[PDB]
Chemist: 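Shown below is the structure under consideration.
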Amino acid sequence: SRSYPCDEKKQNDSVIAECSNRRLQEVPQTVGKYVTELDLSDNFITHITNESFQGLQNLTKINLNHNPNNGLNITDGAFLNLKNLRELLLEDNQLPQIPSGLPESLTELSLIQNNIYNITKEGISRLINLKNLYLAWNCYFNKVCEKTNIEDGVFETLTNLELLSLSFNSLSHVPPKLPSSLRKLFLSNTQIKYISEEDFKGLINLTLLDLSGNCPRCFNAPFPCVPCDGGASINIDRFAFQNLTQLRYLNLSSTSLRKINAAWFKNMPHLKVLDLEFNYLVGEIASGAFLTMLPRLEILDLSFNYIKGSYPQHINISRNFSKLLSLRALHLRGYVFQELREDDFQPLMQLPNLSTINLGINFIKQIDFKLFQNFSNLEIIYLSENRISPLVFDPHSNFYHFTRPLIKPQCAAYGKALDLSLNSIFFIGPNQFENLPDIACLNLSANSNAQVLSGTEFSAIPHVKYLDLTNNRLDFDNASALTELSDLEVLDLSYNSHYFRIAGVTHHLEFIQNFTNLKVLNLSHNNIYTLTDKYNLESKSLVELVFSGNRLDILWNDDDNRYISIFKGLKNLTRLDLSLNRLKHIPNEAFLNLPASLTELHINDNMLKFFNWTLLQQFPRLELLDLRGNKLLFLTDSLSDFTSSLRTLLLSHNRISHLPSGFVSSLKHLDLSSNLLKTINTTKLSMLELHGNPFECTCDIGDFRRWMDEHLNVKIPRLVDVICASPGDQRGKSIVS
Amino acid sequence: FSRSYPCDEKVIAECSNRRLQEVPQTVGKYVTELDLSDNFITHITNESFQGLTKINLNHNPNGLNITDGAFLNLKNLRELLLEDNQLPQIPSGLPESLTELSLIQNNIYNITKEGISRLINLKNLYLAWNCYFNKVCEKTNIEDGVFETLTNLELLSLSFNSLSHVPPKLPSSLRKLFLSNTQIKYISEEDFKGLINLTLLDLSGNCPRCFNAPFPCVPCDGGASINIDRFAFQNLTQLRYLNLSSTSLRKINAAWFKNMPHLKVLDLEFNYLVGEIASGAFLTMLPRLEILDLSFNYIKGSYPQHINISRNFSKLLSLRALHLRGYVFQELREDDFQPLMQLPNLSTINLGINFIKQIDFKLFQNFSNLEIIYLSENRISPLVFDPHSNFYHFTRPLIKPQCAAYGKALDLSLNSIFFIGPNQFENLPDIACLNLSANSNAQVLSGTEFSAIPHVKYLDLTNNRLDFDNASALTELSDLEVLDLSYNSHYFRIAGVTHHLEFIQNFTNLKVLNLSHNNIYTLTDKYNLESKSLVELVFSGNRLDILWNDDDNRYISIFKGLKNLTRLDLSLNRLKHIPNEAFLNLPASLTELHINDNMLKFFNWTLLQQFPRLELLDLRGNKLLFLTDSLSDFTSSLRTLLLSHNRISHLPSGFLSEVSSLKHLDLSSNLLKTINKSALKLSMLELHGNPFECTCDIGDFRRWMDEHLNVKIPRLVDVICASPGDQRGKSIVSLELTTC
Ligand SMILES: *[C@@H]1O[C@H](CO)[C@@H](O[C@@H]2O[C@H](CO)[C@@H](O[C@@H]3O[C@H](CO[C@H]4O[C@H](CO)[C@@H](O)[C@H](O)[C@@H]4O)[C@@H](O)[C@H](O[C@H]4O[C@H](CO)[C@@H](O)[C@H](O)[C@@H]4O[C@H]4O[C@H](CO)[C@@H](O)[C@H](O)[C@@H]4O)[C@@H]3O)[C@H](O)[C@H]2NC(C)=O)[C@H](O)[C@H]1NC(C)=O
Ligand SMILES: *[C@@H]1O[C@H](CO)[C@@H](O[C@@H]2O[C@H](CO)[C@@H](O[C@@H]3O[C@H](CO[C@H]4O[C@H](CO)[C@@H](O)[C@H](O)[C@@H]4O)[C@@H](O)[C@H](O[C@H]4O[C@H](CO)[C@@H](O)[C@H](O)[C@@H]4O[C@H]4O[C@H](CO)[C@@H](O)[C@H](O)[C@@H]4O)[C@@H]3O)[C@H](O)[C@H]2NC(C)=O)[C@H](O)[C@H]1NC(C)=O
Ligand SMILES: *[C@@H]1O[C@H](CO)[C@@H](O[C@@H]2O[C@H](CO)[C@@H](O[C@@H]3O[C@H](CO[C@H]4O[C@H](CO)[C@@H](O)[C@H](O)[C@@H]4O)[C@@H](O)[C@H](O[C@H]4O[C@H](CO)[C@@H](O)[C@H](O)[C@@H]4O)[C@@H]3O)[C@H](O)[C@H]2NC(C)=O)[C@H](O)[C@H]1NC(C)=O
Ligand SMILES: *[C@@H]1O[C@H](CO)[C@@H](O[C@@H]2O[C@H](CO)[C@@H](O[C@@H]3O[C@H](CO[C@H]4O[C@H](CO)[C@@H](O)[C@H](O)[C@@H]4O)[C@@H](O)[C@H](O[C@H]4O[C@H](CO)[C@@H](O)[C@H](O)[C@@H]4O)[C@@H]3O)[C@H](O)[C@H]2NC(C)=O)[C@H](O)[C@H]1NC(C)=O
Ligand SMILES: *[C@@H]1O[C@H](CO)[C@@H](O[C@@H]2O[C@H](CO)[C@@H](O[C@@H]3O[C@H](CO)[C@@H](O)[C@H](O)[C@@H]3O)[C@H](O)[C@H]2NC(C)=O)[C@H](O)[C@H]1NC(C)=O
Ligand SMILES: *[C@@H]1O[C@H](CO)[C@@H](O[C@@H]2O[C@H](CO)[C@@H](O[C@@H]3O[C@H](CO)[C@@H](O)[C@H](O)[C@@H]3O)[C@H](O)[C@H]2NC(C)=O)[C@H](O)[C@H]1NC(C)=O
Ligand SMILES: N#Cc1ccc(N2C[C@H](N)C[C@H](C(F)(F)F)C2)c2cccnc12
Ligand SMILES: N#Cc1ccc(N2C[C@H](N)C[C@H](C(F)(F)F)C2)c2cccnc12
Ligand SMILES: *[C@@H]1O[C@H](CO)[C@@H](O)[C@H](O)[C@H]1NC(C)=O
Ligand SMILES: *[C@@H]1O[C@H](CO)[C@@H](O)[C@H](O)[C@H]1NC(C)=O
Ligand SMILES: *[C@@H]1O[C@H](CO)[C@@H](O)[C@H](O)[C@H]1NC(C)=O
Ligand SMILES: *[C@@H]1O[C@H](CO)[C@@H](O)[C@H](O)[C@H]1NC(C)=O
Ligand SMILES: *[C@@H]1O[C@H](CO)[C@@H](O)[C@H](O)[C@H]1NC(C)=O
Ligand SMILES: *[C@@H]1O[C@H](CO)[C@@H](O)[C@H](O)[C@H]1NC(C)=O
Ligand SMILES: *[C@@H]1O[C@H](CO)[C@@H](O)[C@H](O)[C@H]1NC(C)=O
Ligand SMILES: *[C@@H]1O[C@H](CO)[C@@H](O)[C@H](O)[C@H]1NC(C)=O
Ligand SMILES: *[C@@H]1O[C@H](CO)[C@@H](O)[C@H](O)[C@H]1NC(C)=O
């Protein structure tokens, strides 16, 4: 049978029910008995009783987050009948207290983003099987919340607990009687001003300790904060981390630290990640005794440690940075200094495993680029948001660290990456890339660069494979533009316009024919409406062309039909994006001249009023045709006469009111959602999208309903959104039942 | 005594953008000027205007067929505008009375005597943009001596036409000769010999600097400059304006100015004159020059340390404005600008888009009477289309006049001032207007940053990341009158962004405050804004929906403390409804209240009683359904009520006949099917965009429109019938009420 209202899926030897965002006012009683994991998040469920999951005895995981989208009423012992429930997520439910009578079988419990101010034995201590306990964000920057009360010895009985998260709660003191089984202790933003010798003594298995946001550096803080009296730092006793021999992660970000006691690391020889951002450590970076205590540190973050009102000429890096033998990544954003000299970075040049140097947001005016060559194995050189000139919310997130890749993985995958985006490189200077290592990935985005590309600018780094030139004012009309980058595979020219042309802008794309290895070209939002001498693009290697945000309506509306074969020369194109080109219709001869090698064609978000389906005959390899967001009214009744390869047909957000007698053995995905269908009058179809249509739920919908029951292989997603528009009697209800 | 259709009568007849397919025959006989531009008019015949001194037919049809002698019957026609009509030739038989003729943007390639010579009364002749960078156009042929007979011609515009040579036999009556982008590579001694009354000569875009050009261009062979003979401007003794922009000039012959002692404006933008700026012999020939523009004269590939300015710049005694954008250099030293410090009338220095990293700001004090210091788009760090336009000159005010009106103006917008350095404003003159917009400035304002220039009256801090939560922020600027904090957000706050606006109570002279797009949804200690002087508050783009939706009603008197306010902008605050007590707590001193572009489903009209000075209520772009029937019971001051883009379907009985103060009523783009007999000093009524039901029910309103001709109803062609189907697509006025 077809599941409702949930989307049941087979996951790793289990059956899962995706039942989120369905507007459900209560727990559905139509859930499969075989289902073991239930996701009911983002609904209007208001009550959970003993008879809420009565027919679902085999459940191991329940997610009730963000319910109801004025709190969630849960009865005492509502979950007690679920003898195999191991993971219960009750986040953002406005709970006033921890639910009474929770099953002892629980190994993972989350109560994040509630109004729980009393952590009691009555609700926690009976759960001896708990391994992960999340109680963060209960008493944070909000009213009614004064202090979180943690009953003495509540966690003492949880001898299997490996993760305890008490972050964003007014604690003021590290809770006593914590179980020695602990591995991760999260105490961020807990108002803990002092850490004593007895606070973590028993935690000999602790691998992660998060103490960030306690005594925050408030002008820099990501959250509304009150600093410790007199702007004081966190007070950590000399022997606080004395028996934390297994520590791998220590987060001390935004703790107003001015001095770092080197004795804190004497017993952690395995510390791998140390987060020291948002502190006052400019002096400690210059003469850090602690640097000699971290031989196994791989990630060091000393970002946003700038001195308020200061813009020093140089960065002072202690020579003891050379004792960080295991270092893989150094993050030094927001130090804010004017010049980087070759000698300032001498301590780092001996680190054999140093692959990332993060110097973003430093406002560096001058860098001696020859210094980068003197590095063992640099892979990422991140210099975004500096001032180099032409050389002639989610509560489960990391709030202090930039976790996303600094450079796009697709770029970095080619080799040594140099990110010089958002700097003052308004033209490419004659010596711009002098003394640079073998750069394979280069970002020069958003530099206000209005260079006239001639074929000499990138000769100093000729092995660039991926070049990002987006959000600039480049002139590439010379047919020799970028030809010095003979190995170029990816070229991003998005959001580009001539700096001075006001009345007429005529593009010359002859340079593209010079590349023997160019595979991806993005000319999006270049506002291209006329071509110069060569009116038609040519390439033997080009695989993908992104032409969105251009004026193909103007080009293909030419009185002389000059742009009738504009992309015919791209003999190996498999992907073409023609979205956002204001197209009302594509001329039959202009469509027939698209490359026959195409497999994915996107003409979405245009204004197409007509589409000659017959022309699909000239494209035997076309598997995806995307026509969403147009104004099409007719569908061909002879689709199998025009295609035998089409697998996906995307047609949502169009004006289709009639499905013709015929709806193609190749077609697997048919998207007809958000159209104007009132009714639907052996296939190999695996998905049919129909939500958003004005279905008329009279006896006429019965034939289609019978079709839905015979073909259970055809997955119809979002059945709660396949709704009756008429009659008034059925309006709002789903076409099912 | 009758309502004009399809035109709006003033005696001018505004008849533009009306979708007219032919010249209306319902134009008043008294009308002397007719504007028919931006219409679908395709034909103009002898019987077109049979039943005028000025006619505008521009942009028709959105080519234009005009018959020979179609305008000959108009014996008093003195101005005919035929721009952008796809005309293949100059219309035959034009009236001899013409004093102003414009034929721009057509396809006229032959300038003949048959069409021009007989119009001896011409004073202004525009033939620009006929043979420009478009096809079929080869070269404009100008018949020998066509302009010779036009002995009254004072302006001749031949710009954007393939001329290749200056036309011979031009009348000595000429005053302005526009020859921009005409493909004239050489100017000889005999070209402008007879033009002894010439006051303006535009030769820009002839041999253009193509990398910098605003138009697709081909440069002169070998990148050569315009060749101007030593004695080309020999008898041009009256020249005031000379435009030589984008002419690829490398050298300037000083002999060109020997006979023009009255030259006032000289445009040399977009040339190769870095060397001439350093040692210009021509600088000694311009004692009456007021405006000099030497912009975008940078050397390709170059970023010099300093700007080399010739000492002969001190010989420009009448200089008022110097424009030096796009020179592109690194440091401005006090000594590089020494030649300019003696110029007694030099009030504007334009150094925008120069990428200057360091400026010795003490140099500005050594100037006699500077009032505009424009340094936008530089690199200063924290110190610890229209064819009738000027394509090469920045004509708009450098600094907003509202700012500059206060005193010496300093524009440091779009620079690298990411924080206000301790010495940021040291050695600066008495600055009264300061722009620090778009600097990515995330300074924590404490009350010490602007102490070196304490007499700032207008401060633009928009598009920054400022922190003004300290109650002492900007209080050192005790004379501050205007403060623009638009588009501002904390650089680091991610989860919660609480504002503290206590700093506003410290100002005794603050009049205008713009907090638009600050996304304000909560206040810290002071839940109320207070000021004795504040007169205008712009609060658009904030979260008054969150503030006025407070469970504890903390923000119920949020603006009550602004005792002197007369203008309040609450647009774009996502408001579904304003609590009665929150509305009653707005200052009673209001005269203009804007709650437009919100989502208002309800408005309590009764509350308008607490605002005896309210003259403008702007409620456009909301979702209101009801209007009170007792508007005169709640107000007597209201003059303008804007209700367009709402869901109003019924106009209540005695809405208009009660409000004697109401002068402008905007009810356009609503859901009105009819205007009842029962709902019938108003000077304007907007009604276009409504689904009017054109049955005999619309007849009462139509009679009302005929009785009150003083009530101007604009866009009558857009006040259209929605029903029934027969009457659909027709204007409510274009109906035959005789059936009723
Ligand atoms: C102070 O500094 C410390 C570091 O010293 C830092 O600790 C780190 O905190 C973050 C955030 O709380 C932790 O990140 C989470 O880690 C879990 C577990 O990761 C491991 O296990 C999984 C398998 O279970 C592996 O795949 C993974 O590689 C790891 O080995 C992740 O499961 C979390 O991911 C979820 O959230 C992300 C967004 O935040 C999503 O991108 C992601 O898809 C995950 O979503 C989940 O829910 C979705 C439904 O909403 C569902 O669709 C998904 O499929 C999925 O189930 C997340 O990465 C990190 O582990 C901590 N570090 C250590 C070593 O423990 C502190 O945060 C920092 N303090 C502050 C205040 O900044
Ligand atoms: C100019 O034009 C270029 C060319 O189009 C463009 O670059 C390309 O951008 C697209 C994204 O817009 C990139 O495609 C994405 O790539 C990531 C990562 O790549 C993986 O590739 C292989 C797998 O083949 C891995 O081995 C490798 O390690 C990388 O991880 C993919 O993760 C993306 O997939 C998701 O989105 C697809 C739709 O875009 C889905 O079809 C797919 O199923 C994925 O879904 C994921 O996200 C869902 C939420 O959205 C989530 O629910 C799912 O569970 C799942 O996680 C995607 O394929 C492409 O690689 C870029 N190409 C190059 C050469 O860089 C530029 O961005 C453009 N520039 C501008 C300024 O516009
Ligand atoms: C080369 O350099 C020369 C200067 O040496 C430039 O010449 C100027 O060109 C512009 C544009 O063609 C001229 O501007 C127009 O002037 C008209 C007359 O202005 C005077 O008279 C009116 C009253 O009739 C006064 O109000 C006004 O203050 C002046 O004293 C205006 O009527 C024009 O207005 C039009 O535009 C405005 C908006 O800007 C609209 O509001 C109007 O309704 C109307 O549409 C316009 O301002 C200018 O006068 C020329 N200078 C001289 C001294 O003649 C060349 O343009 C330049 N060449 C190139 C290619 O850049
Ligand atoms: C933050 O908020 C402030 C305050 O609202 C904004 O500054 C005001 O901006 C408006 C425009 O949005 C300015 O008003 C305009 O002034 C123009 C020039 O001022 C003339 O004033 C008198 C006439 O009373 C003249 O004597 C004088 O010589 C000036 O020429 C007017 O030309 C404008 O009028 C036109 O528009 C209005 C409607 O806006 C029509 O009623 C008119 O008929 C006409 O068509 C207009 O009045 C205002 O002066 C600015 N105030 C200050 C203090 O600068 C900021 O722009 C805003 N910032 C951001 C980023 O949004
Ligand atoms: C070259 O440098 C530019 C500029 O730094 C890079 O642009 C940035 O790209 C990332 C990812 O494409 C964008 O991040 C996005 O941020 C939002 C909001 O935080 C988040 O919701 C998204 O999921 C995403 O992570 C970022 O906005 C964008 N910045 C700008 C100014 O455009 C570009 O990616 C770099 N290119 C290469 C080849 O690395
Ligand atoms: C302070 O400096 C900023 C940045 O230069 C000024 O902003 C600029 O202001 C002008 C006028 O308000 C904007 O001009 C507009 O340009 C368009 C397109 O050319 C035109 O169609 C409009 O009619 C208008 O003239 C300009 O875009 C804007 N620039 C930015 C980046 O915002 C600001 O005006 C200065 N403030 C003071 C007090 O002078
Ligand atoms: N007082 C003060 C300062 C305010 C803001 C600053 N910067 C703002 C930039 N937008 C981002 C920069 C970051 F975040 F990268 F450090 C900080 C300062 C930098 C160095 C010294 N003082 C200040
Ligand atoms: N080759 C080359 C150059 C290209 C672009 C430049 N700049 C682009 C800026 N975006 C605006 C700057 C302007 F227009 F202000 F001068 C010119 C150069 C400036 C100085 C020297 N060479 C070049
Ligand atoms: C919760 O549900 C119970 C019944 O199960 C009811 O008596 C009670 O009033 C509800 N409300 C709250 C706030 O507990
Ligand atoms: C460097 O990294 C490699 C693996 O990436 C590892 O085997 C080696 O031991 C590391 N060296 C140091 C000194 O940490
Ligand atoms: C293209 O660049 C080269 C190198 O600067 C130059 O020789 C060539 O003339 C340029 N092409 C054009 C059309 O200017
Ligand atoms: C040609 O197309 C194929 C298929 O997308 C691709 O693998 C190949 O790299 C393209 N170009 C060349 C020259 O190999
Ligand atoms: C589709 O294009 C073909 C040309 O290949 C033409 O014969 C046919 O009539 C077109 N169909 C429509 C509906 O225009
Ligand atoms: C300076 O300007 C005033 C009027 O603004 C004028 O009277 C005076 O003659 C000018 N001085 C020079 C040297 O041009
Ligand atoms: C405001 O700024 C002054 C000057 O820096 C400082 O003394 C004062 O304490 C600041 N106020 C707050 C609330 O921090
Ligand atoms: C109130 O505003 C008016 C502006 O017209 C001004 O004259 C008056 O002085 C202001 N009152 C105070 C106390 O600033
Ligand atoms: C308008 O507000 C007044 C309070 O001053 C209240 O008495 C009246 O009922 C309100 N009208 C409506 C329709 O809510």
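Chains: A, B, ... assigned top-down by sequence line. All chain A residue numbers match the PDB entry; in order, they span 31-99, 112-434, 461-731, 735-752, 761-816. The numbers used for chain B are those of the PDB entry, and the residues that appear cover 30-39, 45-85, 89-99, 113-434, 461-756, 763-822, in sequence. When a ligand or atom number is given, it counts from 1 through the structure's own listing order. In what follows, every heavy atom counts, from backbone to side chain, and hydrogens, waters and symmetry copies are set aside.
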Chemist: Can you identify the drug molecule modeled at ligand 8?
Modeler: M5049
Chemist: Please provide the name that the PDB entry uses for the chief contact partner of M5049 (ligand 8).
Modeler: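 The chief partner is Toll-like receptor 8.
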Chemist: Counting only non-hydrogen atoms strictly under 4.0 Å, which other chains reach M5049 (ligand 8)?
Modeler: A, B
Chemist: Are B:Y353 and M5049 (ligand 8) in contact, using a heavy-atom cut-off of under 4.0 Å?
Modeler: no
Chemist: Nearest to atom 16 (F) of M5049 (ligand 8), what protein heavy atom do you find, and at what distance?
Modeler: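 In this structure, atom 16 (F) of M5049 (ligand 8) has B:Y348 CD2, 3.0 Å as its nearest protein heavy atom.
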Chemist: Considering only non-hydrogen protein atoms, determine which one is nearest to atom 22 (N) of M5049 (ligand 8) and report residue, atom name and distance to 0.1 Å.
Modeler: B:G351 N, 3.0 Å
Chemist: Taking both backbone and side-chain atoms of A:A518, is any N or O found less than 3.5 Å from an N or O belonging to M5049 (ligand 8)?
Modeler: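 No.
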Chemist: Write out the residue and atom name of the closest protein heavy atom to atom 7 (N) of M5049 (ligand 8), then the distance separating them to 0.1 Å.
Modeler: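 I find the closest protein heavy atom is A:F494 CD1, 3.9 Å.
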Chemist: Find all atoms of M5049 (ligand 8) within a distance of less than 4.0 Å from any non-hydrogen atom belonging to B:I349, and give their numbers and elements.
Modeler: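 Per the distance check, 21 (C), 22 (N).
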Chemist: Run the contact test for B:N262 against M5049 (ligand 8) with a 4.0 Å cut-off on heavy atoms, strictly below, and give the result.
Modeler: no
Chemist: Any idea which atoms of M5049 (ligand 8) are less than 4.0 Å away from a heavy-atom of B:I403?
Modeler: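 In order of numbering, the contacting atoms are 15 (F).
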Chemist: Given B:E427, A:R541, B:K350, A:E525, identify the one with the heavy atom nearest to atom 1 (N) of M5049 (ligand 8).
Modeler: B:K350
Chemist: Using a 4.0 Å heavy-atom cut-off, which part of A:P432 comes near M5049 (ligand 8): side chain, backbone, both, or neither?
Modeler: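 It is neither part, as no heavy atom is under 4.0 Å.
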Chemist: For A:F568, is the nearest heavy atom under 4.0 Å from an atom of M5049 (ligand 8)?
Modeler: yes
Chemist: At what distance is the nearest protein heavy atom to atom 3 (C) of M5049 (ligand 8), and which residue and atom is it?
Modeler: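 For atom 3 (C) of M5049 (ligand 8), the nearest protein heavy atom comes out as A:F495 CB, 3.6 Å.
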Chemist: Assess B:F405 for proximity to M5049 (ligand 8): is some non-hydrogen atom of it under 4.0 Å away?
Modeler: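 B:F405 counts as a contact of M5049 (ligand 8) under the 4.0 Å cut-off.
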Chemist: Using a 4.0 Å cut-off to any heavy atom of B:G376, which atoms of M5049 (ligand 8) qualify?
Modeler: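 Checking each atom against B:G376, I get 15 (F), 16 (F).
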Chemist: Examine the proximity of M5049 (ligand 8) to B:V378 and report which part, side chain or backbone, both or neither, has a heavy atom under 4.0 Å away.
Modeler: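 Only the side chain of B:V378 comes within reach of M5049 (ligand 8).
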Chemist: Starting from atom 20 (C) of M5049 (ligand 8), which protein heavy atom do you reach first, and at what distance in Å?
Modeler: B:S352 O, 3.4 Å
Chemist: Can you name the atoms of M5049 (ligand 8), numbered from 1 with element, that are less than 4.0 Å from a heavy atom of A:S516?
Modeler: 10 (N)
Chemist: Working on a figure here: which residues of other chains come under 4.0 Å of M5049 (ligand 8) (heavy-atom distance)?
Modeler: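 With non-hydrogen atoms counted, the site is A:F494, A:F495, A:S516, A:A518, A:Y567, A:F568, B:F346, B:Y348, B:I349, B:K350, B:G351, B:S352, B:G376, B:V378, B:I403, B:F405.
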